[PDB]
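Here is a PDB entry that includes methotrexate.
Starting from 1, each residue takes its place in the sequence as its number. Values reported hereafter were calculated over all heavy atoms of this structure, with side chains retained and with hydrogens, waters and symmetry mates removed. Recorded method is X-ray crystallography, 2.3 Å. Every number for a ligand or one of its atoms is a count from 1 in the order of the listing.
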Amino acid sequence: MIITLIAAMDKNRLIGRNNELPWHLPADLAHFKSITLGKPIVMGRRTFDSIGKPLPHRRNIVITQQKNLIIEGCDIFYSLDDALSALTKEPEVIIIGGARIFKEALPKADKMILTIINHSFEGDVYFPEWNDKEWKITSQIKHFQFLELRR
Ligand SMILES: NC(=O)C1=CN([C@@H]2O[C@H](COP(=O)(O)OP(=O)(O)OC[C@H]3O[C@@H](n4cnc5c(N)ncnc54)[C@H](OP(=O)(O)O)[C@@H]3O)[C@@H](O)[C@H]2O)C=CC1
Ligand SMILES: CN(Cc1cnc2nc(N)nc(N)c2n1)c1ccc(C(=O)N[C@@H](CCC(=O)O)C(=O)O)cc1
């Protein structure tokens with residue numbers, strides 16, 4: 001199983017604000033869709049609420065500590081470790097966020113797919129700092145930009 005983090009972030013690593021995104025970038029969302037189509041996507045409960053519904057044509061997996069919580073359309077796990085353990089036989093697992101999930105996933109991450117937006121927005125949640133010496137750029141396309149890093 002390859003563990004991949006996919007995130008859209010600005011130059012300060014901002015990813016969220018008041019549990020929404022600080023932008024709307026249609027080019028990013030269609031990038032996110034093709035990349036995640038047909039694969040297990042792992043998200044936190046707050047990120048699920050932000051989206052508002054299961055993303056179609058994907059196995060939506062939500063991590064919560066709420067034991068009575070049921071979300072229609074999605075699989076619930078009570079830790080990232082229970083999720084990853086249940087997806088052992090999968091060839092790729094895609095972690096979509098948010099800030100808390102990214103931070104816990106990062107040290108297990110094999111690959112990162114990052115949209116870095118050239119701007120500075122106001123917000124309150126961030127993508128965790130990664131040691132640039134531990135990763136290598138496998139692809140860079142400057143449109144914002146798409147950056148693929150492999151560990
Ligand atoms: N720019 C981007 O690419 C992305 C941005 N975002 C943005 O990020 C923000 C949401 O991120 P954030 O607020 O950090 O919240 P998260 O999306 O990380 O979800 C947090 C919740 O996930 C559950 N959780 C997290 N870790 C664990 C664990 N180890 N075990 C059990 N449960 C766990 C808890 O749920 P519970 O409270 O139910 O117990 C926790 O409250 C929003 O603004 C969203 O729009 C989100 C994804 C991608
Ligand atoms: C809040 N949230 C989390 C979110 C947003 N942008 C991201 N962008 C990137 N690059 N990576 C992420 N993990 C990411 N996550 C969202 C919000 C909406 C949709 C969404 O409606 N996407 C649909 C449709 C997108 C479209 O309109 O084409 C899809 O099928 O992927 C996805 C994630």
*Which ligands, or which chains, stand for methotrexate?*
ligand 2
*For methotrexate (ligand 2), which chain gives the most heavy-atom pairs within 4.5 Å, and what name does the PDB entry use for it?*
Dihydrofolate reductase
_I need the residues around methotrexate (ligand 2) for my notes - heavy atoms within 4.0 Å, please._
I6, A7, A8, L21, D28, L29, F32, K33, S50, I51, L55, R58, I96, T115
_Within the 4.0 Å heavy-atom shell around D28, which atoms of methotrexate (ligand 2) are there?_
6 (N), 7 (C), 8 (N), 9 (C), 10 (N)
*With a cut-off of 4.0 Å, which atoms of methotrexate (ligand 2) are near a heavy atom of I6?*
11 (N), 12 (C), 13 (N)
*So, is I96 polar-close to methotrexate (ligand 2), with some N/O to N/O distance under 3.5 Å?*
yes
_List methotrexate (ligand 2) atoms under 4.0 Å from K33, heavy atoms only on the residue side._
29 (C), 30 (O), 31 (O)
*What organism does the deposit give as the source of chain A?*
Coxiella burnetii
_Distance from atom 4 (C) of methotrexate (ligand 2) to nearest protein heavy atom, with residue and atom_ = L21 CD2, 4.1 Å
*Tell me which protein heavy atom sits closest to atom 30 (O) of methotrexate (ligand 2), plus the residue, atom name and distance to 0.1 Å.*
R58 NH2, 2.7 Å
*Check methotrexate (ligand 2) against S50 and write out every atom of the ligand that is under 4.0 Å from a heavy-atom position of the residue.*
1 (C)
*Below 4.0 angstrom from a heavy atom of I51, which methotrexate (ligand 2) atoms are there? Numbered from 1 as shown, please.*
1 (C), 2 (N), 16 (C), 17 (C), 33 (C)
*Taking only heavy atoms of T115, which atoms of methotrexate (ligand 2) are found under 4.0 Å from at least one of them?*
10 (N)
*Short check: is a protein heavy atom less than 4.0 Å from atom 27 (O) of methotrexate (ligand 2)?*
no
_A7 neighbourhood, listing methotrexate (ligand 2) atoms whose heavy-atom distance to it stays under 4.0 Å_ = 9 (C), 10 (N), 11 (N)
*asked:* Counting non-hydrogen protein atoms only, what is the nearest one to atom 12 (C) of methotrexate (ligand 2)? Give residue, atom name and distance.
replied: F32 CD1, 3.4 Å
Between the protein and methotrexate (ligand 2), are there any N or O atom pairs that come within less than 3.5 Å of each other, and if so, what are their names and distances?
unit_1                  : atom_1 : unit_2 : atom_2 : d
methotrexate (ligand 2) : 8 (N)  : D28    : OD2    : 2.4
methotrexate (ligand 2) : 10 (N) : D28    : OD1    : 2.8
methotrexate (ligand 2) : 10 (N) : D28    : OD2    : 3.2
methotrexate (ligand 2) : 10 (N) : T115   : OG1    : 3.4
methotrexate (ligand 2) : 13 (N) : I6     : O      : 2.8
methotrexate (ligand 2) : 13 (N) : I96    : O      : 3.2
methotrexate (ligand 2) : 30 (O) : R58    : NH1    : 3.3
methotrexate (ligand 2) : 30 (O) : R58    : NH2    : 2.7
methotrexate (ligand 2) : 31 (O) : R58    : NH1    : 2.9

